[PDB]
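What you see of chain A is 18-30, 33-43, 46-83, 85-149, 152-217, 219-274, where the numbers are those given in the PDB entry. We count ligands from 1, going down the list as the structure has it; atoms in each ligand are counted the same way.
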Amino acid sequence: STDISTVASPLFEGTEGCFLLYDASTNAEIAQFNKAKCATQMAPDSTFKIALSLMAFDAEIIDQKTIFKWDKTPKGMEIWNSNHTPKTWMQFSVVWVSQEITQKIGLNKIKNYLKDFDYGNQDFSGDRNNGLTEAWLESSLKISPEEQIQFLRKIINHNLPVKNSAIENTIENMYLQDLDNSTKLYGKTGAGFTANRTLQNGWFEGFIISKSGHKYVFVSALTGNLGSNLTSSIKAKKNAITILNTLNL
Ligand SMILES: *C(=O)[C@@H]([C@@H]1N=C(C(=O)O)[C@H](S[C@@H]2CN[C@H](CNS(N)(=O)=O)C2)[C@@H]1C)[C@@H](C)O
């Protein structure tokens, strides 16, 4: 386990940040920054779409071809104001799609999947009575970076009781770009403000796959006072990419 504080500290300055990079298959910790913050559960926010995507594909309520029909009313981010696909749901963090999906899957099945996924505190209660559509959004559901790492491992290792295609479709939909050395970056951002505080939580997590197909999981996460502009995930992602490019995996 390489302590990457020298590289990661400056990137997370002004926040309580952390970074974990694990070998997917072996669970070898490859790089870590701030294990204390890594153990701290916080709301997954949009990174919950990783889990939801698995559920939605597994429950067969979506296919890659599914078009989520926008209700034609403003959703809060312009990119959300359009029809979406499971891919763009992920890419653009289209929460209304998530909310359609959770309503379709239903709380019972979500709870079952949370068990299957060993997903953090598995608390989907939300709140009123809004768990089904809000529980992952700076609400009841919490998961730590370390737990996210293990969840991610389970996904890419196909160590989840879901359809293989659910896993692969979800991973595919998380594809973002190649890193500098052509390592594949799959990831998902999440951001939110801490309940009752001005603090922001940010995540960027996912998978990297080397040119030779070697799989790693990583989580970049932070909580910090970043002001009124919700940029925590932007920072988490930029930091993850900086770190990942430095690690040259
Ligand atoms: C998920 O965590 C939430 C949504 N997911 C986001 C993402 O890109 O992953 C975003 S964070 C994005 C970055 N800066 C934007 C600021 N909001 S603004 N002023 O442009 O309206 C937001 C978003 C929070 C969740 C709501 O699904």
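- The drug placed at ligand 1 in this model is doripenem (bound form).
- Going by contact count, the macromolecule most engaged with doripenem (bound form) is what UniProt calls Beta-lactamase OXA-1.
- Atoms of doripenem (bound form) found under 4.0 Å from any heavy atom of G214 (numbered from 1 in listed order, with element): 2 (O).
- What the model shows is a covalent bond from doripenem (bound form) to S67 OG.
- The residue in chain A annotated by UniProt as active site that sits nearest to doripenem (bound form), with heavy-atom distance to 1 Å, is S67, 1 Å.
- For doripenem (bound form), none of its N or O atoms has an N or O atom of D66 under 3.5 Å away.
- As for UniProt beta-lactam-binding residues in chain A, a heavy atom under 4.0 Å from doripenem (bound form) is present in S67, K70, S115, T213, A215.
- The shortest N/O to N/O separation between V117 and doripenem (bound form) does not fall below 3.5 Å.
- Under the 4.0 angstrom criterion for non-hydrogen atoms, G216 is not in contact with doripenem (bound form).
- Taking only nitrogen or oxygen atoms, main chain and side chain alike, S67 reaches within less than 3.5 Å of doripenem (bound form).
- At a distance under 4.0 Å, no protein heavy atom can be found next to atom 17 (N) of doripenem (bound form).
- Contacts between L161 and doripenem (bound form), counted as non-hydrogen atom pairs separated by less than 4.0 Å, involve the side chain only.
- Measured on heavy atoms with a 4.0 Å cut-off, the binding site of doripenem (bound form) is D66, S67, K70, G98, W102, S115, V117, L161, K212, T213, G214, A215, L255, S258, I259.
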